[PDB]
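Chain letters: A, B, ..., in sequence-line order. The numbers used for chain A are those of the PDB entry, and the residues that appear cover 42-504, in sequence. We're sticking with the PDB entry numbering for chain B, so the shown stretch reads 43-504, in order. In listed order, ligands and their atoms are each counted from 1.
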Amino acid sequence: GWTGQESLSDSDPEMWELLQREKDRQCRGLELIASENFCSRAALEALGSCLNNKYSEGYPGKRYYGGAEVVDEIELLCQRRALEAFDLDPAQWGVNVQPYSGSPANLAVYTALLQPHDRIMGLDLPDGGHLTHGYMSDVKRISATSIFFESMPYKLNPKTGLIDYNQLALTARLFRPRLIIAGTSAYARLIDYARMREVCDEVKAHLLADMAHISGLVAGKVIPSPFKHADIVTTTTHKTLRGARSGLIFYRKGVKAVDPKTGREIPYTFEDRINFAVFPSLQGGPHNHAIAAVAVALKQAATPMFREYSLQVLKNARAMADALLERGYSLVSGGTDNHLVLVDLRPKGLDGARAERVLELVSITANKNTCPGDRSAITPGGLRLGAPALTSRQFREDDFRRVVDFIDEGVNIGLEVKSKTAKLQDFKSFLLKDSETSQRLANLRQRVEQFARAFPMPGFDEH
Amino acid sequence: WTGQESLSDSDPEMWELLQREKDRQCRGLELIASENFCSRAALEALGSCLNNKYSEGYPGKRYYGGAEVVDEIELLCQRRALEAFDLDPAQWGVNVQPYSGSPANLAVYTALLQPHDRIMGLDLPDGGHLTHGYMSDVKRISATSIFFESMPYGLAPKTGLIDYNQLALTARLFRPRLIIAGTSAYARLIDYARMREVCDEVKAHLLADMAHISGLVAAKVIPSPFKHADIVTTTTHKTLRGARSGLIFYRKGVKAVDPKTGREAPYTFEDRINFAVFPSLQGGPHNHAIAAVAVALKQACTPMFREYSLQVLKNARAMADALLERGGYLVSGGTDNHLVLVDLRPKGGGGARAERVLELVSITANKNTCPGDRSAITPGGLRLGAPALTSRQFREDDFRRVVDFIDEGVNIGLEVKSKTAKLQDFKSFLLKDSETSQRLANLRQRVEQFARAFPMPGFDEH
Ligand SMILES: CC1(C)[C@@H](OC(=O)CCC(=O)O)CC[C@@]2(C)[C@@H]1CC[C@]1(C)[C@@H]2C(=O)C=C2[C@@H]3C[C@@](C)(C(=O)O)CC[C@]3(C)CC[C@]21C
Ligand SMILES: CC1(C)[C@@H](OC(=O)CCC(=O)O)CC[C@@]2(C)[C@@H]1CC[C@]1(C)[C@@H]2C(=O)C=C2[C@@H]3C[C@@](C)(C(=O)O)CC[C@]3(C)CC[C@]21C
């Protein structure tokens, strides 16, 4: 008779088989999705805890709901570990740990700082921006950021460091936006630019750094911090931070600067505004399980171990980069200085959508990527590859050297099938039905999986 | 570093806190209609490798590879949801991605309205929850009141019951595009068939946020909004006893035709609601939450859980009866659902004194505005629910001692309230006075050991 202390294995075999298939697919796969990581077991033990059951609407100091005695201390702990993880000064920075995920963390900042229809700029979606930074199609508002607010994108300058900081400054003086976002998905270069904070300081905009993709790197000081230049920072606690899926908003606090007469030094106004956008306005009850798992990860990230990881992540990225040039690929202007690598595949003779589907069938998971020349729409000429997921499975430069030989056999199987096919589902069908290709893919799949299965995997053994 | 080390080993500080929260839960009595203790099965999924998987999109329409397995978990959760409530796949869909309750609501508004379009959500004191629409007399509070234009409630004051009259009058005036049949603190059924007239009148949309009653409806004990409503939202916690997540149910397929028009006239909810959740508001789904949600929906699609929902109402009824024979007055006269809103006005006790006393006694219920009320920091009534304790196998008898335990709370309160000045001066006197602090510790021990023996869902030690 139902106790609810039963195991998932006993009460829901259907779900336990599926957890187990997912676990096998991760262990046997080569995961190159720049935004994927494998979460620590420690973190998942918190994530899947009794903190699920506690409603704690409000914030630590006094948050009136009730018993929150212990969760208050978890939230403060998470706060302290957050500010420790990236460089201290609690005198000069605050943090909100309650955002449900990344998109909520951004919509919170917009909501706290701007009025509906206020003007926002971010790197356009195709040029490697996030959806939540704003995106309108020809005839549709697509991001909620573009619906509740007025978004104009700053494009990428095809071949250079790409982020046209020029065209930005030109258009940000014509558009008079009250917040500009500095953050990217598909970009191999450094930003979180002190020059964003000039373009901003100029036209009286707020600088928001969305560092979700590089947060681990920043956490580790293996790349330079947006927290010197930017006044608001948002991140996810997964990706390069390697925690559970949650979000963070960091904001400046205390006295901003001093000005005419004896002074009366002007105070920052973010803290209370961002905390009101998060709890009363947008979110109900925080997910205390996520907050705890986030706390576990942030401590992991404030350690010798995590600095070694993030250095290995850059060297692994460079390795995979150097390796692809060696066989003459083309990387979106140059190479990389971060966690990922954008391959241009038009000069090697294949698009992204074919390359992605071929690698998919050999247990290599990357994403197709629009290259500056946005024909776009599921047939872009690039491929986005990242090192963090595998670097967490103890891969080194030789391991990525070999990952790239497997991608090579993939690209090469593609070209071949691209020479007997009618572009669309006549390609995708041909990979299923053709006895010669179906076999050549199985053989490559089996080599990847044997290669993949041998490396350790964070998490539990079986789920 | 492997990332396979146990949390005990790698973070004792966090492991101690998980463990103190575990102590705290199994210890006390939880009567908050919005709270419940999650199954081990469900938590096993919540804390799985599904946390590791990005699957932006919907099953079949993904933007990444390597979703073969997550597709099936999402569809399973879909199916378990339509089955859980009973619901014909021809005539209903579900979206299982919402991160929580507030997102599920904002997603419906975003899919169905333009910014500044008009929303009638039962006001905060008359039922409530922020996400229905709430401005103070100085400022917009809920983001629903910022991005959309919200006009409050319609209840016959004192008479807890829903003014189906002045609503219909004002829904003919204010001309709102969507009305929210749903409640935080309301012990009665919402006439959904009469909402569907008020709404079919105004050419409005009917939304039910059935967060606290979600279990009951699947369980077929209460009448489902899913006969009258077009859109239904819920959290997967509370009454459903699952992980913190959110669901959005919506009608699909044909809506009948006029004689000559032929027969073409299909629902347009699905694509719009799904597009408001993925490109529009949310990034990647929390596949771990979806999995955990799926566990709970089955745990619940079953014989076992129809006798949870049957015991929940009768547990509620029992509590209701045993406060009419003592505790105070019954805002509504009684209950017909998972909770009772007792008035402490005719008992001469605020809602905020009575809440904070039971807190120090490890019983957590809710402060609740009642129609005879002042709007200051404290004043109102008391909101009780059967889902939490009903989960630790409590029956009607459990719910006579729990009520006698609350009586000792009410009664040490009244005593405190006759030797103290304001609330500030009241809640001081509970902490300071050696005579009262010991009288309270002795009641805390009686409720503690009444529950602490009882079984609780979860991992024993987190
Ligand atoms: C008077 C005001 C309008 C005002 O008062 C200020 O805060 C002034 C501060 C300032 O000057 O900035 C602004 C917000 C607020 C303080 C109150 C309204 C009532 C609460 C208290 C407001 C709040 O924030 C949070 C909630 C929550 C909603 C609830 C019941 C749920 O929805 O479940 C969960 C519990 C909780 C906390 C109680 C009820 C309200 C709606
Ligand atoms: C408008 C939509 C939502 C929609 O397309 C349309 O509706 C167009 C209108 C029409 O069809 O007419 C669906 C397909 C899509 C083309 C675009 C924009 C969103 C991207 C581009 C979609 C896509 O395929 C792949 C991703 C990826 C996710 C991301 C950011 C990551 O997760 O890191 C990695 C980079 C990348 C490429 C950026 C953003 C999206 C989600």
Undergrad: Out of interest, what does the PDB call the drug at ligand 2?
TA: carbenoxolone
Undergrad: What is the name, according to UniProt, of the chain making the most contacts with carbenoxolone (ligand 2)?
TA: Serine hydroxymethyltransferase, mitochondrial
Undergrad: Which other polymer chains sit within a heavy-atom distance below 4.0 Å of carbenoxolone (ligand 2)?
TA: A, B
Undergrad: Just wondering, how does the entry name chain A?
TA: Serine hydroxymethyltransferase, mitochondrial
Undergrad: With a non-hydrogen cut-off of 4.0 Å, what is the binding site of carbenoxolone (ligand 2)?
TA: A:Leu166, A:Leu172, A:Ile183, A:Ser226, A:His254, A:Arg425, B:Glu98, B:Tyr105, B:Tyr106, B:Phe320, B:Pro321
